[PDB]
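Heading - rifampicin complexed with DNA-directed RNA polymerase
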Amino acid sequence: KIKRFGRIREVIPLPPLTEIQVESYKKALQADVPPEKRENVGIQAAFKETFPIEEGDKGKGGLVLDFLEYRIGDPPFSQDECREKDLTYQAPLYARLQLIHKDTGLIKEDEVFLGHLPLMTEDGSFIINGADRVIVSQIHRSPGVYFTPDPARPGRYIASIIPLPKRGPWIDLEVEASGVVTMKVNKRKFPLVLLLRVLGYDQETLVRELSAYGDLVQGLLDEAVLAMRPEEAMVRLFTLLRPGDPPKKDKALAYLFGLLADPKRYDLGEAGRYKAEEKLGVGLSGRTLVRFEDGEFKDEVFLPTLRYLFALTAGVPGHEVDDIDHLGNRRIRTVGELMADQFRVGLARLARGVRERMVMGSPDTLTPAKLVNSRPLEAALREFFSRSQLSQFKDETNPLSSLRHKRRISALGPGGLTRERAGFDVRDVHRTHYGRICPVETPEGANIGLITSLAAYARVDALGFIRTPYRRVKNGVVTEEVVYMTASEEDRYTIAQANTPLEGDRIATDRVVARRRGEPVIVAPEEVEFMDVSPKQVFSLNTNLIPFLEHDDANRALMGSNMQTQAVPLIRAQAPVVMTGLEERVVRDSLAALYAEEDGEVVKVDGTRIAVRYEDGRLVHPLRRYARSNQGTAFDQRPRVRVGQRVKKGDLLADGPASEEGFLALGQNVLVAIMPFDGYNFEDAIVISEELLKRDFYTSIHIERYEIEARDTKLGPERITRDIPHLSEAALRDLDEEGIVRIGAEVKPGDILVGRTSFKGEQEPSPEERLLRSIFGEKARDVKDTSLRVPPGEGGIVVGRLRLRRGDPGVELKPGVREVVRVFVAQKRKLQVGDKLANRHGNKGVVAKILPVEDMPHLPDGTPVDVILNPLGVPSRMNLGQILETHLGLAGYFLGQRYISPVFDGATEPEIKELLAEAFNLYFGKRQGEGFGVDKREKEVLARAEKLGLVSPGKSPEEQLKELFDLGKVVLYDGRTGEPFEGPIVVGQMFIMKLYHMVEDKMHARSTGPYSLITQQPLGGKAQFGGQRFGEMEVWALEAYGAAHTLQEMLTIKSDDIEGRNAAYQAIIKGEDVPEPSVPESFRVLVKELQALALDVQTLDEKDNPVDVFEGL
Amino acid sequence: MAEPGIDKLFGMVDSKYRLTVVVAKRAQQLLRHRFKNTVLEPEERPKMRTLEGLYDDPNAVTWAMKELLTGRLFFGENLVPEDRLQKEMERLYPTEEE
Amino acid sequence: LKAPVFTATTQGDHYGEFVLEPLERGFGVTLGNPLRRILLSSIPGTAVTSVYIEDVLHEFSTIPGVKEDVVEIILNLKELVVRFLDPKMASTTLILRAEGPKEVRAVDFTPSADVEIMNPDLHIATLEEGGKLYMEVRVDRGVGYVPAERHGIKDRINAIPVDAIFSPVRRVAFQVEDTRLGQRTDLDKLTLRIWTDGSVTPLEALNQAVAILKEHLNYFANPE
Amino acid sequence: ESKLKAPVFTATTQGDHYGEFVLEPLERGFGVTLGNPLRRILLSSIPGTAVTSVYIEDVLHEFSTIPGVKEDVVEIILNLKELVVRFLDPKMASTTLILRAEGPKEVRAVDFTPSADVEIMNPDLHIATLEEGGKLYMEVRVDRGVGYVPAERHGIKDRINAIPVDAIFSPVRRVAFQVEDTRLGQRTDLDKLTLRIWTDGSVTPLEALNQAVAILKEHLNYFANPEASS
Ligand SMILES: CO[C@H]1/C=C/O[C@@]2(C)Oc3c(C)c(O)c4c(O)c(c(/C=N/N5CCN(C)CC5)c(O)c4c3C2=O)NC(=O)/C(C)=C\C=C\[C@H](C)[C@H](O)[C@@H](C)[C@@H](O)[C@@H](C)[C@H](OC(C)=O)[C@@H]1C
């Protein structure tokens, strides 16, 4: 019983969502295609790109070496086998080269063993060194040229972007006050007529033939001295490039910055010609400037823009087009692209090495595999993958999360001029980009805009670049839009009339303005490409997950959009009552759950593996059980069906960590009743009814991991033993079998999680001791009890252990580090006082109290409510639709129904009312069933609600109930007082998820414990644990106050002042006396720290000449 | 509401920090060493409440604020010798335990 | 007047609307609630205290050959309601062995002594192709709600102690209708129902209840 | 070491009223379970003695003013309401009260026809002031009641001319109670009832409570012998 609400849906959200990646790497890692086809980008590009290593003297003798195929292949171990042994799931990539000569010879070392390449799991990410990571896609200005208004003072400039940050120079031509036209390639500033001269243009042939309608020229001529002779020119320019190299005429170097598609080419033809040609005059060719034609250089783009500049400086073509942020200039470097360039980088070093060898060595002693030293593609490539800031940890608290992590567009990346946390033009940028093909309400905090998500239906098709959404054009198809799409306007979804949508007023979007209704009403070829396949496309994948966004105010809606992520799989996930269609997917493209293959059948046996789907061959399916999450969430997989076929409205076949059977179920939906509660729901705190716990509802499991490394220090090998000195207490083997704790070994804080022994020789015991030792058989010792022990964290049953030691296979371990024990501990975490409950509409609040079913608002029939979500502020303050759900709540409680009310499409107040008309003729239908009806209380109420003009007076009591039910909710007693709550109190089944916080993890408490021997303030220890911070703000607080003593205490008797400190842990342990300081441990060390620099800090008393007696001990 | 009549104390002293200071040293010489410097022992002594009944509270400042709202005590440049200010404490059994 | 009509439409171990009659305009709840209160709270019951399974170290497991999952298994048993047929038993320990294919629904427990698996069916474990389950699962007599505090020692090894939910009362409400002749349409018509129960009977809940409230009421005896 | 299964009931016996009481350790969920019904019942069900119908020779209804009398019907009317009578032997359904008014002097609730078996608990009580026109004659009625009752009982008595006042019979006249948590028993979430019965409509506080404690007790009984259906 699932009631849908809606309209149209011409296509699909576009699988697999994890397509930004996945289908990205592959098309970059072309590999999987017979070495005959596939031509550019990534893998091969970088290959072909990296020009065949030339050598000494431009083709004078032997040694050329060209590249042929590439071979990814025979992978090392195996996923899981990696994460286990900390192996970076890679694969051998060798490449077939063949150096040429000039004395007969064409050697070809097959394969030529080479660097390793990390593969992308089916999931769409990589395992690096054991842990899971995802390559977040950044955005920069799409290669080209756009000019832009000179920020200084009115007077535009010219910027010339390059293919990708790490490739080609980012030039800028600026018309200035003092100087006139500066060409600033990389780090330089040289007159612009200078390069022009070389290129050819110059006095008269240049100006008075280029620049006329807008002077600005007398200055472009001042150094005509430069514009008097090319060649000598390159040299003056060359001589303008540090350091003092040979002014000798070269052409080389400038054999780049234009010449050879080697360090300056947006190749193919796309993204560069199209740009300028449709910005500048028109016409061009692959790369700026063109040399090696025959001596001189035939430039393409340089003066025409200088031209198009002045035209923008008093002319008409104007267009101050800047980093216009128009996603017609916002490139999106997919992983493969990011991973590509890094592969480019590697070769930008492989070669250096080869060129180096080509020389030294002898022509015949030289052959591939020898000039090649497969070290650069490693490092330069492994360094990127797991050492970038764009190569993050896997967010995996709830299945949606990790999914979302790929659908993410980053911007705080490494790219060139890539807005740093506060890069030049932070704010302003953030702003919603009218180009709505990227989430409109996803950002977080203090990091606004920069980190956006991605439109659901966004991007797909021959991808040169930028997101492009979907748009109808009269049933046709969808024509993958194009950010700089003008297609005579688009008409916002709705007005549907089967196929002709008779409107008269088509609410449509054209360019920017929400222009009324162009009304092209062309029916066929829909007003250009008007219409939008569903509204979802104006939104991000996890926002969609809001059954009533339409009402939810954008802003607050983001506190749900985001927050939702911070979920955390529970034991009884349950999809959400009201829910928007998408859920049937987000947890299926997440590959978090198991998907049957061809047809049906089964066999199984049940448990730790759905045993095959008996159609054709056979494949027992292992079910990732009580694993472990990056966030320590603990995602697992439940199964389904004994003997069946392929599907039933879903070929699920075993759930996952949050699917209510293929239905993303982040949290559990329960019954709430709005209304303050004697103060337990203040500000935003929620009130739980113990019941929840009793029925193990919001309970969540978490399995932590611990780690002790057995070093080797020059005092005696650090070893994991069960014979820990004097620890003898029946603890060791009371658990810890043969060294490490056992499984199921329930653990408390303090136990010997894992124990090992160091040698550390602090002192040599003189006799007397060895004597007593000998005498009182005090067998000497050479070992410390350095164990592992479970920290202040309550501990919990020991879910599993793992052991890794060198000598073992793949295992690569920190020099010296011999063996590295690992132990996972589980923790069923029910629900406590603290924790954020936060739902979908962003009603994030922390739990305050959990009342006994005793108290708590009694519904009439006696059922208790579940959560007492406060109204105050909350909705009014935040204005949202967390209500339309609570209303369609009971109207889905008694009617036993789940509901599909998608974003901006259906589930209308009146329909809900109908759905509320029903459920009553039963909810109340029961009273006149069990044999009851309206009691002296509901009489009191109604006769007060109607007074509050809430109910239609004149109707009967009973009639007033249905009235007061298709909105609020029946009287609603108070099991605590026995009486009622004058004035109805709306009730319903919201749906509150439970975020990753849950108190426990927060809250420590120090009194003394561990003192640090490096700094000297409270912290780092082993026994108990604590430490707290006193960041200046609190200092002012005290200053502003007057707790001088209370202050000097937090910089003395409580941290560094060893004397005073002790005076504290003693003056108390003693009794009737409190901490008596005097000389501050700090003042005493300021003088004897300045004296080191040979400064006398004579301390003087009142009379100036009573000269202190400090440190006089 | 607050303490044993703060407003009352803030009246006596002039500089709000005075009272703070006097009440401080006070308790810090009261049950800080001795215990027999009370002025509330006639029948107006601070007592608590737990399982077996009352029991004056170890909180020294407590008495002070109450022993100060009383009548005894003084403060200024009086008693001069801080030395003989505690030396006289010898004339009447002090010391603690270790 | 001076006397009510303690009507009592009973049932078969559950339900149990219990009507008083012409109650003075007001007492409908003076009595009507405290009972429902008590009924829900304090009152003896029977709850699963601890459970040991064949080849299972501790919770967070996965018995080969069974569909379910020990947690689930324990999440289900958490609902088993046993009757005791006697009064001397701090508790007993149920048993259960199950072969190859089938469902270990509640019933399947060891038919034994003063113990009524009041709630058969109660899907306990859809095991199959690998009949393997032997379980020893305690069942103490408790009161109220007592979680992972009351250790499930017993089998001192893999007890994997389970949460306890003792109250046999499964829900309670009470109409205060007005439909009597007594003296001037005023009076309340109390009528609590002490709905569903674990093992015990509403008339017993309703009774035991009136007891505690009378027992406490007393306390306002001798003042100091 | 003190609390267990035997809470300490602590009174305050302010005397004629304000019976601040304090039974203590109670399992979370009884400071309510008890405090309320008592408080509830306290405000109601409890024998009384409240003027309920008045007659003052001369002007009919209540909306008036009798010359040579500083007050006006209502003021007197209301005064009367604060009158505290008490009856001697059991067989006194209600003996009326009549009055004698003199010159300027005050008409305390004492002047009342000093009838035995019915002594006005409260001597003073303004009642009304009269001067150079010492008329004011009244023969007010009194009654035995349960709680509180408006102008619906009708002041029969003196047939016509009654301006029947409201039936405020219940010695208790305000009942509050807050159950804070205390942790004598180690556990820190135990209940601490505490009541405070303001009564003076005649009967003492502790009396009210106990009496009501009985009132509830007895009713509980009812849940004894049943007549069910299968
Ligand atoms: C190697 O990557 C690093 C580069 C740093 O350098 C630097 C300058 O470049 C960054 C880039 C390129 C980002 O894209 C980024 C980011 O996307 C993000 C946060 C931080 N956001 N959180 C602040 C705290 N709050 C409670 C939640 C939101 C960031 O600070 C950064 C960030 C940087 O600081 N997040 C979000 O947008 C949101 C909304 C959610 C993300 C989910 C979880 C939280 C993450 O997955 C966690 C688990 C980790 O991935 C990070 C710690 C990465 O560290 C590692 C080792 O993995 C870090 C990105």
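So you know, we letter chains A, B, ... as the sequences are listed, proteins then strands, and number each from 1. Start at 1 and go down the list; that is how both ligands and their atoms are numbered.
The ligands or chains attributed to rifampicin are ligand 1. Other chains within a heavy-atom distance below 4.0 Å of rifampicin (ligand 1) are, by letter, A. The shell of residues around rifampicin (ligand 1) (heavy atoms under 4.0 Å) is A:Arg133, A:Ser388, A:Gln389, A:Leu390, A:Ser391, A:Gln392, A:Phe393, A:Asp395, A:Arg404, A:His405, A:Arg408, A:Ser410, A:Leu412, A:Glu444, A:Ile451.
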